[PDB]
There are 2 protein chains.
Amino acid sequence: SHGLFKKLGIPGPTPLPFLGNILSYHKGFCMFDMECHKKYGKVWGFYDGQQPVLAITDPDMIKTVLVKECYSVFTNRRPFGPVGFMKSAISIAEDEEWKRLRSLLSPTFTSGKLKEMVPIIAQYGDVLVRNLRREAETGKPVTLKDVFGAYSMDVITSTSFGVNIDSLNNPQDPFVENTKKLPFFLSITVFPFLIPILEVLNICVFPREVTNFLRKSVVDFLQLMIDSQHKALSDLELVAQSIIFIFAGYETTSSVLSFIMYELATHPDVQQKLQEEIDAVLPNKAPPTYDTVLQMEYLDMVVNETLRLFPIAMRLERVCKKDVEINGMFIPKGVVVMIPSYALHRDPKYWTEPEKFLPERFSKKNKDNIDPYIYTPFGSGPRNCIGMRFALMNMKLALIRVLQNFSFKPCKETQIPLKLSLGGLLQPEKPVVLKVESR
Amino acid sequence: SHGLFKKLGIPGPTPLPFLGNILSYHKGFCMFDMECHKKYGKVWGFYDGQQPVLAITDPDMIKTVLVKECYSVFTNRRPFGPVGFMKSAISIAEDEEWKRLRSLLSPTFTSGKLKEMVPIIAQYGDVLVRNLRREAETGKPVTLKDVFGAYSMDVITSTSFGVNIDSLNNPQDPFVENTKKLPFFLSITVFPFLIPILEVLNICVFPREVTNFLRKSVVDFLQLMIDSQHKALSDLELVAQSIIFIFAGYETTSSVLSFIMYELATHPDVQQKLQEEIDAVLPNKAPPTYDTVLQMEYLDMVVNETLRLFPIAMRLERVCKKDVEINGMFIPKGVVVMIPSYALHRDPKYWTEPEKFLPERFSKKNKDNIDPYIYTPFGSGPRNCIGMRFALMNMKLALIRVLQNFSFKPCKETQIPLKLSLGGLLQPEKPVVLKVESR
Ligand SMILES: CC(C)c1nc(CN(C)C(=O)N[C@@H](CCN2CCOCC2)C(=O)N[C@H](CC[C@H](Cc2ccccc2)NC(=O)OCc2cncs2)Cc2ccccc2)cs1
Ligand SMILES: CC(C)c1nc(CN(C)C(=O)N[C@@H](CCN2CCOCC2)C(=O)N[C@H](CC[C@H](Cc2ccccc2)NC(=O)OCc2cncs2)Cc2ccccc2)cs1
Ligand code: HEM
Ligand code: HEM
């Protein structure tokens, strides 16, 4: 298959037998995407082992793939190794199975249901401040990843199961043992023929401890999914969607929050301007609500600029169902089409000083000079992030309460400039540690 | 997956882990189909390893699968182990790739093109008689499988490539060496996860000698396929369809002819009545033509009754693309639906004395008391045997010339009653040997 892109006339790095271009991932596939963008242009191809992958950076062509030709050609993502029963998760399901799960789960992420989840998940803001109050009296740096990981865990557990744990001060609740389990993954691309082997060996990507407990354990997601019971639902599928929410509500929410605090501490001018906006909207540590969170323009600008610098999905991907000719280029069946979000967010073409953290990019004035198909932190089209608004509301409620009571400064232990780990996840190379003061 | 049919309420034999019901194939899957039909009824399910297979015998439900719901749900067959480039063969291709190959190849099997192929393939009838004249003067039994295999090989080679070999008296032509290559196949069902392994090991089901020669070697099929050059064609695909024709034109044609002669020798009353019909239509060894072959009613009755007793495909199969409820029964996605042709052809319900060779079943009178979805020797629907009329014309031209000059009687070496081999192909357990006289 290594002669497909040279047959179609698409430029790209020459692949090695069996491996393809995977050795070029040694610097991280984000840097690989940037270098390929810099020397090839709007379109290039490469091989994850034997799998051809076509990268596209044209906004019109990206809209055609993510939106216009979604249900017909670009419906599904590229599958991974052993999935087990998680094949019924919405982010993994395909074609009409995904369409069914999308319809059953879409009302669960309504603005109305989100407005009902605000008074519940705000109670853990009072918990996060106290969990941050005690660790701030030490006078020594704090690992936000844990204090945020605790808060984020408290949210998914409460607004999906009513399990009101204090995850930090309770490493004992039966709903914290299993959640605690949320080199190999690269041997899948050289050996894609091994996936059917692991699907009969039942080696899932998780321990047997996790899924067996949640299967029995099976306003909140669990209710609203049982409330709305292609049209049909099942028992094991209910656990699959629950697992998909927990990883998202934990790893993504806490990672972005840690990224935001690093930018707020290393840019204290932005931090005060945010604290002053929060004070003018919520006088003297006033409790935030749904209606008042949407009122903070500069808070929305800070979150958007962090997600530009650190788009935790890095890439969007779709599998070509059939043959197609999109915006003047032929794409054969089986090719994975990929949108390099990280590279596009840092493209010197569309961005002035892309490496700079400049929240004013997303002010009401310039926000219009932003192509929604270059800046895609939540994807786009019928299969974008279904929990975008919940994620934005969750992180902002955390930032308001944390900044209403505390200020954040760097340390000798803080990694400046921050470097990104060269793994499969977009996260800091070393944990973000910051000096925490109070007011 | 072994709990699917008991969940849907469908009866069937209890499967063993890993194996499913494959041990029940020890008596041949034809007998397994008959026994399951006798004790379960219209519908039953079983497992080829982990693969659920649903058998159906209702004519209305069979028409729904083979015809009415073909393009939407039941488009493709059940794939096998390593296919290599043969995935582009029409009998193996899927969905829109098959639809494209079906359109490009359908005019090649037109009655008009067949009428043009008659004067060419009839010249080998003059060759078959001479190849049967010399072996008949021995006074010792003959193996029709070889004399027919020679004739059949001469036909595909001439009416697809103009390669006018005398395959019997020329084991030297470069077009006979490769064609000569036309336990393991059961290890595929217990280990379906090994197919992706063999697709990268490139171990095809053929030697490397065969495909490499035909790829370079690449009225007749080759012309008409290049003449008509989704709409597009390719080089390696041209060889794939050529290989699919050669196996069909050889193994099926000679096997049925051997089955016909066994029935004609063991029923000499049918043999004389056929010889008298041929004489009244073609006076004194007259040369047969297209228009005069269709004029022999009793010849058509003999061929149809042999194909009833020995339907060489044995089973028709379709893969369920989605979920469906057909003629009052729900079929989930992934289930292979199977029509047991051999069992239905010998069902005491629709057939009086099914084990008897009675050509009068297909007389113009009773031919109407025959459900076309119980008697399916060439399948039915958009994916039936595309070469049905060529196969019927080819075998009949062989029978006319062979019976215009010879008569056939059994021997001490003849296996009476004939037993079928318990392999994967429908062929005699031991070769059909018959005494050959002349006139
Ligand atoms: C190694 C390198 C060459 C890479 N190869 C890729 C290919 N590649 C885009 C993925 O498929 N990588 C997977 C991660 C696992 N590997 C490793 C790389 O090879 C095989 C696939 C990925 O993470 N994909 C998700 C699938 C589900 C994941 C994690 C998970 C797994 C099992 C059970 C539960 C969760 N997350 C998830 O449940 O979504 C929640 C979120 C919502 N919002 C942000 S996350 C599909 C997905 C879903 C949403 C957003 C993005 C992606 C990348 S780097
Ligand atoms: C062992 C037992 C449990 C069985 N499991 C099946 C499943 N099963 C219905 C098939 O798929 N078995 C294959 C035979 C190979 N195995 C063995 C069983 O497991 C895996 C599949 C079969 O023969 N299928 C054909 C595929 C192509 C074949 C032979 C061939 C293979 C490679 C290159 C070229 C030819 N023939 C063919 O090219 O067609 C020409 C004809 C036209 N007219 C009569 S033949 C699909 C097909 C096409 C036409 C008619 C019927 C079927 C059965 S018994
Ligand atoms: C900062 C937080 C988050 C970010 C940046 C993010 C980003 C993304 C992105 C880029 C995609 C892929 C969109 C595409 O391929 O077009 C995605 C998919 C998805 N996300 Fe998120 N996500 C976040 C949090 C969440 C949360 C909290 C949930 C649920 C509680 C969630 C649920 C999903 C699901 C289910 C999908 C797959 C949708 C489908 O396949 O139909 N995500 N997310
Ligand atoms: C006595 C001779 C033959 C018999 C009994 C026979 C029987 C069959 C049967 C039962 C099928 C499956 C139909 C279905 O699944 O609905 C089939 C398919 C097929 N046959 Fe034949 N066949 C014969 C000879 C031939 C010949 C001579 C050719 C070509 C030269 C041929 C080409 C094909 C093809 C291409 C298919 C697959 C069609 C598709 O998938 O679109 N067959 N045959």
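So you know, we letter chains A, B, ... as the sequences are listed, proteins then strands, and number each from 1. Heavy-atom basis, side chains included; hydrogens, waters and symmetry copies ignored. Every number for a ligand or one of its atoms is a count from 1 in the order of the listing.
- The drug at ligand 1 is cobicistat.
- The chief contact partner of cobicistat (ligand 1) in this model is named by the PDB entry as Cytochrome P450 3A4.
- The heavy-atom neighbours of cobicistat (ligand 1) at a 4.0 Å cut-off, by chain: A.
- The binding site of cobicistat (ligand 1) (heavy atoms under 4.0 Å) is made of A:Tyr25, A:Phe29, A:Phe80, A:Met86, A:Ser91, A:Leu186, A:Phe206, A:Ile244, A:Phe247, A:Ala248, A:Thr252, A:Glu317.
- In terms of protein heavy atoms, atom 1 (C) of cobicistat (ligand 1) is closest to A:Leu186 CD2, 3.8 Å.
- Atoms of cobicistat (ligand 1) lying under 4.0 Å from at least one heavy atom of A:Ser91, given by number and element, are 38 (O), 48 (C).
- Atom 53 (C) of cobicistat (ligand 1) is not flagged as protein-proximal [any protein heavy atom, distance under 4.0 Å].
- In terms of protein heavy atoms, atom 9 (C) of cobicistat (ligand 1) is closest to A:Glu317 OE1, 3.6 Å.
- For atom 15 (C) of cobicistat (ligand 1), the closest heavy atom belonging to the protein is A:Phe80 CB, 4.7 Å.
- Protein heavy atoms come within 4.0 Å of atom 3 (C) of cobicistat (ligand 1).
- Within a 4.0 Å radius of atom 21 (C) of cobicistat (ligand 1), the protein contributes one or more non-hydrogen atoms.
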